[PDB]
S.K.: 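Sending over a structure with meropenem (bound form); questions below.
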Amino acid sequence: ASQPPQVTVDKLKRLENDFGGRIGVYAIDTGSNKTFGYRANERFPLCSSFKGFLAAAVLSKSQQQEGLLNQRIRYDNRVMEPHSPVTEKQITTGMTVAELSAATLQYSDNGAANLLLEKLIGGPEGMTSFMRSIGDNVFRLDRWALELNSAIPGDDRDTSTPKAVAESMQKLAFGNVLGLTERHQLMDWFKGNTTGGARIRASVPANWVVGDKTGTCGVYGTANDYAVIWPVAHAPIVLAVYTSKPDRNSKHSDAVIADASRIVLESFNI
Ligand SMILES: *C(=O)[C@@H]([C@@H]1NC(C(=O)O)=C(S[C@@H]2CN[C@H](C(=O)N(C)C)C2)[C@@H]1C)[C@@H](C)O
């Protein structure tokens, strides 16, 4: 009963032609294990979207270090990165590791990302090592939170593929690499993301549940979203949508990401 893959490809190519850039997608039906990809093994900049996996890396560490999520981190006199809306308000109080994780995922707080990278996960190298440890041999993080967003065509730094992003999200959400407590916490964080209203969430009926993490590099029309989607009485779908444009000075398009998501999800004929 699903749509022929070439129909879905044909629709995405027309969308690409309209957008004036490149669209890469991969989707997994976790109940039938049917999959769909388009440019699925092409590399795209992660932008801020790595932060969902950063939160996962923190939970993995906490599964081995009792009470890590409750540890308070203070950062008096630190120069905070732009787009740090949570951490810039909690300097006097400090934040716990759980609060920093929730902030980096749900608000795309760069300060929180770099705090967790510096103090817990071992920098871009350590973030990459965590992804290797779950069998993702594609992901790479090379730079810290601000600098990783240059999105230059041809530069493989701070990139992954739609396939690898979706496959790693499926592992973390539903597989064995995290314990039950940790899976549940990760999915609750994704469900409460606040930055994705115009992307994958905008492609699904309002009574479906979504957890997602976005990225918006701010250059080269480069932006993305990946998600777990729970349709009504259907197995969850994992979806990654990555985009870029050839011109440095172009703007990204939220609508193209929502439209690509819609095409892909409709192809499963849920
Ligand atoms: C990461 O890519 C950058 C930040 N992360 C994201 C994002 O997750 O999309 C943005 S875009 C920001 C959040 N949502 C706002 C929005 O949608 N409107 C104001 C319509 C804008 C950040 C810039 C990071 C490198 O800073």
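Just so you know, residue 1 is the first one in the sequence shown, and it goes up from there. For ligands, and for the atoms within them, numbers begin at 1 and follow the listed sequence. Heavy atoms only: backbone and side chains are in, while hydrogens, waters and symmetry mates are out.
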S.K.: Can you peek at the structure and tell me the main thing meropenem (bound form) is bound to, named as in the PDB entry?
M.R.: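 The main binding partner here is Carbapenem-hydrolizing beta-lactamase SFC-1.
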S.K.: Indicate the covalent partner of meropenem (bound form) (residue plus atom), or none if absent.
M.R.: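 Covalent attachment: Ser48 OG.
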S.K.: I'd like to check which meropenem (bound form) atoms, numbered from 1 as shown, lie under 4.0 Å from a non-hydrogen atom of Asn110.
M.R.: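 So the atoms of meropenem (bound form) that pass are 24 (C), 26 (O).
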S.K.: Does atom 20 (C) of meropenem (bound form) have any protein heavy atom closer than 4.0 Å?
M.R.: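 Within 4.0 Å of atom 20 (C) of meropenem (bound form), no protein heavy atoms are found.
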S.K.: So for meropenem (bound form), is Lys51 a polar contact partner (N or O within less than 3.5 Å, distance only)?
M.R.: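 No, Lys51 has no N/O under 3.5 Å of an N/O on meropenem (bound form).
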S.K.: List meropenem (bound form) atoms under 4.0 Å from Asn149, heavy atoms only on the residue side.
M.R.: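 Going through meropenem (bound form) atom by atom, the ones under 4.0 Å from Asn149 are 2 (O), 25 (C).
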S.K.: What are the atoms of meropenem (bound form), with element, lying closer than 4.0 Å to any heavy atom of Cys47?
M.R.: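 This gives 2 (O) as the contact atoms.
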S.K.: Output yes when the distance from some N or O of meropenem (bound form) to some N or O of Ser48 is under 3.5 Å, and no in every other case.
M.R.: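 By distance alone, the answer is yes.
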S.K.: Would you please determine whether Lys213 falls within less than 4.0 Å of meropenem (bound form) on a heavy-atom basis?
M.R.: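 It does, in that a heavy atom of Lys213 comes within the 4.0 Å cut-off of meropenem (bound form).
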S.K.: For meropenem (bound form), which atoms sit closer than 4.0 Å to a heavy atom of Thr214?
M.R.: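 Reading through meropenem (bound form) atom by atom, the close ones are 7 (C), 8 (O), 9 (O).
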S.K.: Would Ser108 count as a polar contact of meropenem (bound form), with the cut-off being nitrogen or oxygen pairs under 3.5 Å?
M.R.: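 For meropenem (bound form), there is an N or O atom that lies under 3.5 Å from one belonging to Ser108.
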S.K.: Which residues from the surrounding chains have any heavy atom less than 4.0 Å away from meropenem (bound form)?
M.R.: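 By heavy-atom distance, that gives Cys47, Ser48, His83, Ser108, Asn110, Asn149, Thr195, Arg199, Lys213, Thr214, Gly215, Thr216.
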S.K.: Tabulate distances under 3.5 Å between N/O atoms of meropenem (bound form) and N/O atoms of the protein, writing both atom names on each line.
M.R.:
residue, atom, partner, partner atom, Å
meropenem (bound form), 2 (O), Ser48, N, 2.8
meropenem (bound form), 2 (O), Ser48, OG, 2.3
meropenem (bound form), 2 (O), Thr216, N, 2.8
meropenem (bound form), 2 (O), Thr216, O, 3.2
meropenem (bound form), 5 (N), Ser48, OG, 2.8
meropenem (bound form), 5 (N), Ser108, OG, 2.9
meropenem (bound form), 8 (O), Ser108, OG, 3.4
meropenem (bound form), 8 (O), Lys213, NZ, 3.1
meropenem (bound form), 8 (O), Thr214, O, 3.3
meropenem (bound form), 8 (O), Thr214, OG1, 2.5
meropenem (bound form), 9 (O), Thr214, OG1, 3.2
meropenem (bound form), 9 (O), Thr216, OG1, 2.7
meropenem (bound form), 26 (O), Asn110, ND2, 2.9

